[PDB]
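Note that chain A is numbered according to the PDB entry, with residues 188-404, 406-409 shown in order. The deposited model was determined using X-ray crystallography, 1.7 Å. Order of appearance sets the numbers: ligands from 1, and atoms from 1 within every ligand.
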Amino acid sequence: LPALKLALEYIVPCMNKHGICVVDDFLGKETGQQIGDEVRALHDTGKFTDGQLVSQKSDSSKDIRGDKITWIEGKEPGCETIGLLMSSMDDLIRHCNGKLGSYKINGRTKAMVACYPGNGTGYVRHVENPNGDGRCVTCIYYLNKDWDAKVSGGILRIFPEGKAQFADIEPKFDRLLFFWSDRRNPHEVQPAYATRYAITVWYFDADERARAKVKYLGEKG
Ligand SMILES: O=C(O)CNC(=O)c1nc(Cl)c2ccccc2c1O
Ligand SMILES: [Mn+2]
């Protein structure tokens, strides 16, 4: 699907109405698998961190660690297809710009590739950007073929503001997710009992980012 039809007939209206938008079959099976292969290779060759320290015991051997991450620019050897994904995300956002709320997106982060190792760890309820650091949209791409949450857990649960209801997102292969990064969307990752991969990019609003700079402010003289 042209990034444009997707953006204009689905992503823009869905984001403006619900603040959450799920796109299935974003890149297709061949490309999705290549990205999966690239991410698994990063994992298998030790490029991820050891995982978030979840519980720290007096005996460090007993320490429990959770989500593992690596930061990817998309230009690294063996990361080209991740780079293609990132360029594809950028295309969608470009076609959305000026239509996602009143935001004007002018930049993004590198990609954060996350691996929940499947040891029953998840990610606590949180807001992405509670203090105004510039991020207005979170974009997540999932890689997990034939994921079944009834057996593997790992659901992303969002708690949209004002509503008495969940939004439960399975981390399905070739699924792309957008949601507002601010306090409108507190969310959590439920315990994952199988290896679970995702790739996240955050997009910046030009005005919020420009004034965030005042919080972390250098020329000599
Ligand atoms: O993976 C998911 O479906 C949802 N993930 C998150 O909400 C999430 N958020 C943050 Cl801020 C971090 C931050 C660091 C590492 C992993 C994270 C994560 O998985
Ligand atoms: Mn998050």
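- Drug at ligand 1: FG-2216.
- Of the chains near FG-2216, the one making the most contacts is recorded in the PDB entry as EGL nine homolog 1.
- With a cut-off of 4.0 Å around FG-2216, the other ligands and ions picked up are ligand 2 (manganese (II) ion).
- Taking a 4.0 Å cut-off on heavy atoms, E375 fails to register as neighbouring FG-2216.
- Near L343, the atoms of FG-2216 lying under 4.0 angstrom from a non-hydrogen atom of the residue are 3 (O), 4 (C).
- Counting heavy atoms closer than 4.0 Å to FG-2216, residue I256 contributes side-chain atoms (C-beta onward) but none from N, CA, C or O.
- Chain A: most residues in contact with FG-2216 are in UniProt domain Fe2OG dioxygenase.
- Not a single heavy atom of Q239 sits less than 4.0 Å from an atom of FG-2216.
- At the heavy-atom level, UniProt-annotated 2-oxoglutarate binders of chain A within 4.0 Å of FG-2216 are as follows: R383.
- Taking every heavy atom under 4.0 Å from FG-2216, one finds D254, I256, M299, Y303, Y310, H313, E315, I327, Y329, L343, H374, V376, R383.
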